[PDB]
Chemist: 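Here's what I've got: verapamil, bound to BH2163 protein.
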Amino acid sequence: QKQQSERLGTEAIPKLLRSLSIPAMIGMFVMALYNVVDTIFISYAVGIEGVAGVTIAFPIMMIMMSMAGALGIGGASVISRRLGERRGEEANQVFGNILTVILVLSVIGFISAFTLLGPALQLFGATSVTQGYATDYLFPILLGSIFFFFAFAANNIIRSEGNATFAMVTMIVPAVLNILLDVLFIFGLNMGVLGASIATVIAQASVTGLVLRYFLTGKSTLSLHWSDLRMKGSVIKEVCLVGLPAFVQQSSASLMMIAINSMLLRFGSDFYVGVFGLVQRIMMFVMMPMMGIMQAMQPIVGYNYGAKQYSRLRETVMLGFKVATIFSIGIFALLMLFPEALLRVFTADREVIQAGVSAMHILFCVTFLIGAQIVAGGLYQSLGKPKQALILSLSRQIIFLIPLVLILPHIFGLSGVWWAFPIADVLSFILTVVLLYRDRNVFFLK
Ligand SMILES: COc1ccc(CCN(C)CCC[C@@](C#N)(c2ccc(OC)c(OC)c2)C(C)C)cc1OC
């Protein structure tokens, strides 16, 4: 029991979404610029050698942040199921008792910096040029580690409460920084990769600072305590609980895209990695829409399961779905009428826009069914019974995917790239359908 600050606890709920969503929308989008507007730099004061350094370097940042991420979500979906179901103090407790396993690992990374770095780095596509670039990319971030975790944690918890607004600003602001901060090193000085890393730490420093305020200084939205508050909850079990399927979902993609990246180092030493790199943030970029809408329910379908207005959550979960679908068909078409002009960033051969958009064609007559397929994820995860979300993640990500690529690549062709996907996802979607008529209780309304 606590003081629900201006937790928008007030059930104003389909503008709860409206208002809740867009902030996501916003900062999500923003930082995505920083990528873009960062990397276009690394493609300058360095070439395409480092652009890949970066990209081989990438999955190892993901391996840390994944861990934090569970941690973050773990908290999110605890802390939501514990307001509404109004244990407002259990909350307080949790927040910090995460901060713990955080500050534990914020060291594990700092250690592994001075340790496991090169070891794993060299461990696959080690082009003696890019080898250093990834190294000089990766060393700082780990020094490093700390600011990094806190802030995705905080930004997850601050959603998990309600401050999508100050979220925005956990985003908007390393963002703007890390531009001018890059410019400052990268091109401004000459500390290239080596230094656009140190930029993107001095980013995560000067947030961390600010997050403390929205948890210490006029500690806003809610229960937020600092002296002995936390130690080592038996709730650590309770968050990992939740996070369990969360940090699979990364380690899944992540630990499978080390593969497809270093396997793209044996053929295309570099030419091709910064076209992995490239074709990603147009997946993610126009994933946002979806993602953002998701993160609106994150905590909405949080304080209404609790013990609260069940009646008013099926409302969410319907709308949840309802909207995502229209942006499902959306992305989809705009991902199949404009797959030309976005292959005009890819302007090369008249066979580049041939099979180069052959894949980019019916590879994605799946998109439109991805809307649900991904909403169903929050509403097993805000609702801290991620045991079916577990079940669910492993379906999409591995157990149907790889076994489908592998069962096409065992001689079936670069069609083994195609079918392997469009048809994988459908099964995940059909599965997901079943996981909801599984619970005539998320949606116990239509
Ligand atoms: C925007 O440009 C960049 C910014 C930061 C980084 C560093 C990568 N770090 C591991 C940051 C965490 C990855 C991050 C992304 N994208 C991310 C976190 C969790 C996710 O799970 C839904 C996620 O989706 C795969 C992405 C966010 C939180 C920054 C790379 C960037 O591009 C190479």
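Chain A is numbered as in the PDB entry; shown residues: 3-448, in order. Start at 1 and go down the list; that is how both ligands and their atoms are numbered. All values below were derived from every heavy atom in this structure, side-chain atoms included, with hydrogens, water molecules and symmetry-related copies excluded.
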Chemist: What is the listed source organism of chain A in the PDB?
Modeler: Bacillus halodurans (strain ATCC BAA-125 / DSM 18197 / FERM 7344 / JCM 9153 / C-125)
Chemist: Okay, heavy atoms under 4.0 Å: who's in the binding site of verapamil?
Modeler: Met33, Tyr36, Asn37, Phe60, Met63, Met64, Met67, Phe150, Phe154, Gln252
